[PDB]
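Featured here: a structure holding carfilzomib (bound form).
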Amino acid sequence: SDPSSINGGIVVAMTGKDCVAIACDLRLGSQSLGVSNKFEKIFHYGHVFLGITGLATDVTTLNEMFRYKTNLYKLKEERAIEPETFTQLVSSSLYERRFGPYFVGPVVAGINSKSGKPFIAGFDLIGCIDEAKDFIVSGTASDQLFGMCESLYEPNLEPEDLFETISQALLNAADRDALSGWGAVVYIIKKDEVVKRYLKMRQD
Amino acid sequence: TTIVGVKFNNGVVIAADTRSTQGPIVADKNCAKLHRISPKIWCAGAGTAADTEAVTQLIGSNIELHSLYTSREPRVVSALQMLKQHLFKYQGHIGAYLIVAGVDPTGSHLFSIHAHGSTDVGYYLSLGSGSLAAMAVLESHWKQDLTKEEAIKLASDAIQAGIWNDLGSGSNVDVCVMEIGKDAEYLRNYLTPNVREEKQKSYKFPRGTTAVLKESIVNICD
Amino acid sequence: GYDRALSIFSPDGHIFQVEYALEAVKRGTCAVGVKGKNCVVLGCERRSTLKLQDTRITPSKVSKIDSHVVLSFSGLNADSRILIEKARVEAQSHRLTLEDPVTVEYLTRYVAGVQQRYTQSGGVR
Amino acid sequence: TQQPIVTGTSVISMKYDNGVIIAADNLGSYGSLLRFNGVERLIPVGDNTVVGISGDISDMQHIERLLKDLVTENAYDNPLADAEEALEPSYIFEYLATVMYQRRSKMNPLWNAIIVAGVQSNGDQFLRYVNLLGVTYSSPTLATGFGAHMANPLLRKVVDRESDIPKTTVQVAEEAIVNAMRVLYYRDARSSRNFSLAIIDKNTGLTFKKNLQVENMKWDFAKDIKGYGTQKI
Amino acid sequence: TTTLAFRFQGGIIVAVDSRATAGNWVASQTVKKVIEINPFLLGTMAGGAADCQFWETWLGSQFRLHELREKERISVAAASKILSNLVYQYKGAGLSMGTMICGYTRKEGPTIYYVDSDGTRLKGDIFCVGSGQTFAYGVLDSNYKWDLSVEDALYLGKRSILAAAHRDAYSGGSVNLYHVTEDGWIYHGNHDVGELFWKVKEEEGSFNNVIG
Amino acid sequence: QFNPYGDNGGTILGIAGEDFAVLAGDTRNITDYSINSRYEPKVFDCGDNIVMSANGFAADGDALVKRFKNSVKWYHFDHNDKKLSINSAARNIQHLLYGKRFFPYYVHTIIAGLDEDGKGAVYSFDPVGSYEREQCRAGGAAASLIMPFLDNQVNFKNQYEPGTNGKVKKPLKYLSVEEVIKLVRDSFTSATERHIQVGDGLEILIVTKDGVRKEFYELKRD
Amino acid sequence: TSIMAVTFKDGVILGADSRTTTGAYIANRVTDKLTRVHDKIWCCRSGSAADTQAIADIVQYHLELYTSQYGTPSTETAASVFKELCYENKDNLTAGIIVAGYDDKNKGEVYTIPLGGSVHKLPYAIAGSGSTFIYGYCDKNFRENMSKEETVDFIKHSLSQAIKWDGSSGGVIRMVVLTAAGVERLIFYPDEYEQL
Amino acid sequence: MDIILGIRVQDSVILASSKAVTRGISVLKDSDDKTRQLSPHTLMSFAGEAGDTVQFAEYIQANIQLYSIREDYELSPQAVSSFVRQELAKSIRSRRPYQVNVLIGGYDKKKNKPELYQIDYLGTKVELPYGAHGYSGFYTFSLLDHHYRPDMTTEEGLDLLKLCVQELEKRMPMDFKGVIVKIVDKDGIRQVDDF
Amino acid sequence: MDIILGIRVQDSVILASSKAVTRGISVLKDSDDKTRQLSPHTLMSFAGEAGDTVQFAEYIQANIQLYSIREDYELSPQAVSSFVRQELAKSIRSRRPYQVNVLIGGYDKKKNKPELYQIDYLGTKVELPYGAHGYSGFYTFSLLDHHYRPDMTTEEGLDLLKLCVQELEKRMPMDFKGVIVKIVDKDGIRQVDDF
Ligand SMILES: *[C@@](C)(CO)[C@](*)(O)[C@H](CC(C)C)NC(=O)[C@H](Cc1ccccc1)NC(=O)[C@H](CC(C)C)NC(=O)[C@H](CCc1ccccc1)NC(=O)CN1CCOCC1
Ligand SMILES: *[C@@](C)(CO)[C@](*)(O)[C@H](CC(C)C)NC(=O)[C@H](Cc1ccccc1)NC(=O)[C@H](CC(C)C)NC(=O)[C@H](CCc1ccccc1)NC(=O)CN1CCOCC1
Ligand SMILES: *[C@@](C)(CO)[C@](*)(O)[C@H](CC(C)C)NC(=O)[C@H](Cc1ccccc1)NC(=O)[C@H](CC(C)C)NC(=O)[C@H](CCc1ccccc1)NC(=O)CN1CCOCC1
Ligand SMILES: [Cl-]
Ligand SMILES: [Mg+2]
Ligand SMILES: [Mg+2]
Ligand SMILES: [Mg+2]
């Protein structure tokens, strides 16, 4: 009965030379029982990408909530929301439920369309912002991801090279966690193109 | 965390480390614990990270509206009063431990606030997990009639004591100087005595190392 | 506890107490064992200086240790009961742990081991 | 299973070029009550070792008796009891460390934290820690209780690593210890002003200083402090 | 863990995974969960790793002493009962063991005994033991017949572990196969799930729930 | 109520090569948020070319190492100075640990050396005695950070041959002593960055047919 | 804490130590536990720092509003406001407060308010953890209609002992004198009071 | 309440639900239908806490039937499932949450495709080829991993379902008194009377 | 372990005992014989805590078999039951008691009468015409109150026993996988293979 580790899952994000990458596993389970191998944890609103780990009902609820809010934003502002602004919106929304929180570990990723600067950010369940130059990690194998990222990462990686680094970070971390794995997805994000790749990983 | 505040001749200085923990894991190696309530009233925060950020922003917002309403520059005691009454109402459940400091038309000020809503006055103060390491330095080296350069040195030394000796604190030293009659200067990463050494090996993989099942272009446009 | 070493070596390399125990066997009523092609037969002597006996209730010379093994003896009658009792207990203990009745070799080896233990234990003959 | 009744607070210590220094206040607290004021918590063993003890005082007195008895036992059938076969600091520590771990393993601990400071026969400085759990460690500076949180930071500014030991004189080292004792008086609610200090040098030997007091305190700034925020008087 | 063993026309099949966990931390993917007690006896291990590994190793020493004393290999029944009587003495003390004693003798023939740490001892034809026992049962039962060939029986055992390795979060790594005949046990290799899953998916056409 | 266990932190790492084996471990010792020692070694030469470390509760760790060192001594006395093989040492350690099954040594134990064919060997133990020979193992506070990195770099897990459509795996090969030390140093600097209980110093013990060499490297002290 | 208030010939004097603790750590060694709710009505605070501050702030607000409408409030009135807060919120408060003030008609007065929220008017009052150690001393040494110098010595000697024995008390001894002459602040440092 | 299963095949969705209702040491009923028709081409099975199950199922049924009348239109299985998930997602943070797990099997007439949704009491939705709630999954998932193919017929699906029930009857501790099977396809909902 | 029954009739004692052995959510075995022969004309069935049951049953079996060899004589069912009761009566005040309930069905050759004894884990002995342990009794006792007669035959007793098993299969929550039935009479102990 620990909400954050019933369903299981992980998300990781990285920066590169004029690009960003965000990746997640596909498992959804009920403790030991693996239930679904198609449960994606990364969503996007315009060019801003959001990954969410934790209790699956809240992952779904929050996705629907931020779609709701970003749609109203676009109608009133007459432009797409930017990563820096969206980050603030997530923080606001989570802290609104301070004493009855969504059991989640969200991760923002995207490129600012005006400045062109790569941007990533993470949060705790009550909305504390964690900004970073290098990488952000989240989920039941966060310890593993911290270890992989801290050793494998280097700055200013090209999109093709950055893909290999983030993919190897996710895969090897997931294989040391019982509640993570069962497939994986990686998003490579350039200024005006986005490639999505499904990884081959061990299915146990 | 480790955070400190030190009064001097013509104002006040505050400082903080830049470590953010998550159990035994370092989540952020360079997070900003110095917060701006108003242009010349700044706040150092320890405890629950979301709470120190949220409470400082809320009071900062209300202080701005108050300043516009009264056509006056805001006072430190106003920020102090608003913070303590907010925290007291929540009976400690909002885990914010703050060092509030600044200059206003009354003069220069230095206070501390605890989660349950108690406030303390002093010439030198320290809060957080590394407060004992910091306070030891302050108690040993503090004197009356400090200069600007002496107060910065004392404050950053107190933070260093926390960085090295407390496992809850680390990385860099942030500083903010608030002098009377001058603009407040925020010195982000004033010291960086924890630079990561060159790695022994590059872990850049040969292109094609990762096995792939599917590719597809994602549509971000309308 | 009574500790005395009763069974001990003599200058000529003999343990007299063990050898005197053999004399007690030599005094006892005769017993014979003959094994055929598909059977074994145990014969036993009963001395006829005892008339007015009640043969219904008098302890029999041949004893069942289990349903498939028997034991006859020569020597002190009171001593034989102690060996038979220990053997019958070990027989049930073997069935309980190994889930199989004792072999005749095993049961013999156990009884022989008990007899040996009394030749180099203090306080016993 | 125990609970400590009469207790002693911080013990602090460090190494310097020719030897080691150790100190501890003379208080025996009974909870919040500062019950006993004449309590000596530094106990010398021979002329080359000093054992500083914090925690339960009844258990401290038991350990005193054990050390006293150890000296007696070593002298038995030993012509070199005051020479080559005299008790070393390393011998005294290992004995205590053995006892502490045996007692924790029987779920009946000696509720203490102990620091054995001294000088070996070959001149080497000895300084090592042990507590109720049987945990042991060594470091250029060592301290117990509040001392661990407040004294160590100050003492490590003088001797931060091994190479700083030859560079540190006895004058500089004692000054740092006395300063640390003042800071503990400011900030530890179960500490007293009166304390004892011991120096073990490889040249000048054992110097035991009793009835010291914390002095040169800063309290004058208190008069300027008024209210807790908005009071002006 | 997931472990199984079943009796059939051509002897006994025994199959196990190789994962070891400490909570959700995957501690090892290369654990040997089958003990080779002697050329005719095998023992499977599920539950506490130390408990199983220590006592089944101790078990092999007792059986060695039996054949020295009795000039005869120990029976599967007697072997399993030594273990069950041992753990019964420790009942309530907190041992965690789910074991299967599998082997062949002349008097008994191929025999399997289930023995667990609360003292249960059961003779039987089919058993699955461990956190993923139910997953293995599902595949094994629905495909089991007595008249399976040695080739088909080996595969069914391998496939049943794979099924559990997939679904059970606390099972995986690789499959270890064994075949027990009148002549003794025969090792049938270590099979990594990393390669085995995809090989089985492609060739068998199963696992349609997974993204191919 | 009295609690007989404690956590002294730290982390250890063992890697095996073709004709050598290394056993590394940081030199930091802690309780809660305090540093006890910046240099307190916990990797030990136990004789017969066997190095050992028992990380976790230091009192139980020291007791175990002390008993095994003693076990080696009595092995020589009772068996005509015979060299204790690494496989025999491991089995002996199992019995030491399981001997206290119902009041355990709270430690993760790792030993390293050469097997009887001269090839490098690393064994690892849980607190109650279950053991396993491996090419690779990390133990202690930062084991969860370091271990997956080792899977990737030592055993080449999840790495395929470029251009082979993820069909051919990267072939396994032994690493040179130079390459292994690079991986150890990078593992510990990474763990120091992200785990608070890891830092101060790194001590590596290398084991070849020639004997037991040592190497020491500084780590970040925050 | 150690706190006390003593009436005398010319008015009343409040006294207190300066120690604030979190467990055994002294969070503030120079605390000011004597606080103003009105010109010549002050209080001594013991118990929770947060609670006593919150209460004192509300009382000051009430008495300021009282003064605007009805002029200077009596010391009894101030004590009644303290009581009303402490009694009605007894379940959520940890505050032991001593109210002291100077009227011209009523001269010096002291009201003590323990945990329950009860009110007790007394010639002198002691409170806080360190007060337990000086009940004997204060009872034997208190006299009515003392002089200013005598009352200062009585408070100094009393709090000196309370500090000496109580670990939860220490630092400087603050005092506040309330008479017709006005308001006077006094401070006394360890080097003086310890060797009394 | 205990066993509920669901299998999506080429042209239909098949739901199986146990008939037993037990309370204490007594089986009070052995012919219970643990399902409600939400719309002509959408069926929901349920299992969980006593009382909560039927109360929740009928409450959903009423709401979907209200929608059908208002718009003179049938909601898609995807739309219905999303409505159900939200109601459970609200529920979990209520004073007293609904402790009900559901399977929603429906046929989308616009896409001409069968759809199966599995939703737990927390509001955790997933679309699946085959699904189960409770301890049933621990046997049926691994079985279906092996035997299931995506292009199977309704008859092949029923045989696949028989294979599950047989396994459950063999290895489950409790007697669940068989199952009621229902099929959802292009022609609506119908019950298999002989299973 | 769960269901054990016993019925004494005119000339015999009939014991019925469930075949299922369950642990967790898995039926590990469906052909278990929960009985041991103590002597040629005495049979004991058992049910309770895992491990304890068989360990206790065999321990009694060994002791009775030892007595038989020593005296070359069979103990009466009354004598055996009293020995069993005393062993359980000791057990209950031990460090770790046997949690086993037993039924002892025997034929006394001296009296030419069948006898049925019911003993619980506390050491509570009663001689009965019909008996049961566990939740079984809550159905079977009232049933036998109605249908039982003292002068019934063995065949009439088996029909009476079928009537009990049917009721249990209908109203019990758990699947106990049928029963093994054994008869004790003047000619000894024999098993009914088709039930
Ligand atoms: C020093 C470094 C330590 O005291 C400082 O005081 C800093 C203050 C800075 C950050 C302003 N304190 C922390 O870094 C603080 C320590 C802490 C931890 C837990 C409770 C109180 C204080 N850390 C945090 O606040 C982190 C911020 C992260 C890195 C973004 N947050 C957490 O650790 C949250 C705690 C959330 C919380 C909930 C309810 C009451 C209080 C706090 N913990 C998690 O997110 C852990 N877990 C993740 C998986 O989802 C379930 C929660
Ligand atoms: C499947 C894989 C899971 O059920 C199997 O059942 C396997 C059986 C194989 C290994 C023979 N079981 C386990 O992997 C078993 C699960 C388990 C764990 C703990 C108690 C009961 C069952 N895992 C273990 O035994 C692990 C194996 C180690 C990690 C290689 N051991 C531990 O968890 C140990 C010992 C636990 C223990 C038992 C009894 C008394 C005292 C302790 N504990 C730790 O290592 C503690 N912890 C690990 C994480 O790091 C911090 C310390
Ligand atoms: C003497 C010292 C005792 O009577 C005085 O009465 C003073 C009165 C002055 C300061 C007005 N009292 C205190 O100093 C007071 C003692 C106390 C402690 C706990 C409850 C009631 C009274 N100290 C405090 O109020 C401190 C002040 C802070 C350090 C600025 N606050 C705490 O100790 C908080 C209070 C939380 C609380 C608990 C119960 C009721 C109300 C508030 N306590 C903690 O933070 C607990 N702490 C967590 C870290 O681990 C150690 C325990
Ligand atoms: Cl205060
Ligand atoms: Mg995994
Ligand atoms: Mg798995
Ligand atoms: Mg004091």
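Throughout, protein chains are lettered first and strands after them, A, B, ... in sequence-line order, and every chain is numbered starting at 1. Whatever order the structure lists ligands and atoms in, that order sets their numbers, starting from 1. Technique stated in the header: X-ray crystallography, 3.0 Å. The displayed model is a subset of the deposited entry, and contacts were enumerated within the subset. The figures here come from the full heavy-atom set of this structure, side chains too, leaving out hydrogens, waters and symmetry mates.
- Taking every copy into account, the model assigns carfilzomib (bound form) to ligands 1, 2 and 3.
- Most heavy-atom contacts to carfilzomib (bound form, ligand 1): the chain UniProt names Proteasome subunit beta type-2.
- Every other chain with a heavy atom under 4.0 Å from carfilzomib (bound form, ligand 1) is named here: A, B.
- According to the PDB entry, the source organism of chain B is Saccharomyces cerevisiae.
- Looking at the entry, the name attached to chain A is Proteasome subunit beta type-3.
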